[PDB]
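Consider the following structure, which contains ketoconazole.
Per the PDB entry, chain A residues shown: 2-404, in order. Just so you know, ligand 1 is whichever comes first in the structure, and atom 1 is the first atom listed for that ligand.
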Amino acid sequence: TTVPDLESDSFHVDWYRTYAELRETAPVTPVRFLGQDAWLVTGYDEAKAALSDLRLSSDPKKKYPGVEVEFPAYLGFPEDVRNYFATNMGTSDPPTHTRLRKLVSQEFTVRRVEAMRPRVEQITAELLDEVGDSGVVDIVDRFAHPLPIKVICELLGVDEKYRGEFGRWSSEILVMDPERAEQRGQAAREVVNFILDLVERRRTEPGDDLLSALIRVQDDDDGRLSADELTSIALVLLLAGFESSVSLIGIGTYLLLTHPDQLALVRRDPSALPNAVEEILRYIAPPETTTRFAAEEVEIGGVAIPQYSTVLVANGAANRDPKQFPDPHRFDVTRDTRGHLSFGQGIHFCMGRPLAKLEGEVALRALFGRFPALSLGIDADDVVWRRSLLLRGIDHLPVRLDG
Ligand code: HEM
Ligand SMILES: CC(=O)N1CCN(c2ccc(OC[C@H]3CO[C@](Cn4ccnc4)(c4ccc(Cl)cc4Cl)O3)cc2)CC1
């Protein structure tokens, strides 16, 4: 039987049509990717089931007798840089996952996030002043990208004379191309080196930022974060702040710009914004794929997945499963979006949801509430989508401010 190759253009060009074709045939099928066999889950019920079954591990560090685990997200990473990337909540299983998440949740709170609202609003205003009131600009470079970066750097106590470079490395890591495995491995070593220096500097000069708080957080029973745990968690938070919300804002802008009717609703009624953000996430989920490792043989949707198999849960495909979302390919800011898998599901449910929703709502409201005639600078079909199954997005988006 023909086995799909996630590297082919079928998974990067009008790819939701490809997912729909595989789903109708089999919501759980074997695929090829980066020279390795794996299983792709595209059905909603199957994806939800997979993410809820703890026999499917999230820890790339675990060793199993006679098997060589090589996960996509760590293509080209030397073993030591891999460990620095994989010693945090997202890359661990209970009970380790449990204590790491409890310690971090003590400081990465809704209160702390809400306290940043005025600042996020100020930063948004300043960036929009800087773009002008007429002409064509790349809204990604001048807005969608700088906003989340400034926010996450103030949250983690990262200086300006350190940014710019980091963003160059982040971008390389989002693409998984075997021809550039070496450059990817090099960019990853750069980020590890940067984080190590940042942490050490913070231990020496404490502040009221999140990294400082994480450094002294401790619990009677759970103790405190080890040096390695601290380092990996900081790395992962900065990485998420540098790339996740950029996709949301850029993709969000492109969608509202290509659905005039939908944009009107938002403009007409502001209370319709929070749900618009949820539908945007539902329609084109940035984390198109999340990975799991079958520590035991598991059955998903009637299909038996052999032990030691790599499972790619396609969060994005599941969001377009007609069985859960009627008329899936229809972008509708009013539909009921409950249950989408863009923020995950279960114990690893994304801890940054509050921050992402804040940035998304504030940015889009300000952007469109300030450029009534804002329109796309190019033809809708000419937009270039980033070729990443790790984090989908738009790197360049020209828009005409004055119409
Ligand atoms: C558009 C924005 C975002 C989306 C769509 C998103 C999506 C996701 C998804 C799907 C997962 C679960 C992955 C899995 O099950 O393996 C996840 C986990 C996580 N995300 Fe996000 N995320 C976003 C923003 C953020 C932000 C702003 C931060 C932090 C500054 C962040 C921090 C995390 C962490 C720490 C985890 C691991 C949670 C755990 O394993 O317990 N995310 N995110
Ligand atoms: C077994 C295996 O291969 N692994 C690969 C993916 N895994 C993972 C890793 C980290 C994670 O914290 C979210 C931190 C970690 O994940 C990213 C993706 N992300 C963004 C927001 N929420 C998730 C991320 C991760 C890796 C790479 Cl290379 C790039 C990026 Cl932007 O940011 C949560 C889960 C778990 C499964």
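Taking every copy into account, the model assigns ketoconazole to ligand 2. Contacts with ketoconazole are greatest for the chain named in the PDB entry as cytochrome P450 107A1. Measured by non-hydrogen atoms, the distance from ketoconazole falls under 4.0 Å for no UniProt heme-binding residue of chain A. Contacts between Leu240 and ketoconazole below 4.0 angstrom, taking non-hydrogen atoms only, involve the side chain exclusively. Ketoconazole has no atom lying under 4.0 Å from any heavy atom of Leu392.
Within a 4.0 Å radius of atom 5 (C) of ketoconazole, the protein has at least one heavy atom. Nearest protein heavy-atom neighbour of atom 32 (O) of ketoconazole: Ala241 CB, 4.0 Å. The protein heavy atom nearest to atom 1 (C) of ketoconazole is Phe72 CD2, 3.4 Å.
Measured on heavy atoms with a 4.0 Å cut-off, the binding site of ketoconazole is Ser59, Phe72, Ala74, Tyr75, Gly91, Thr92, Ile174, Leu175, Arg185, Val237, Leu240, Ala241, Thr292, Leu391.
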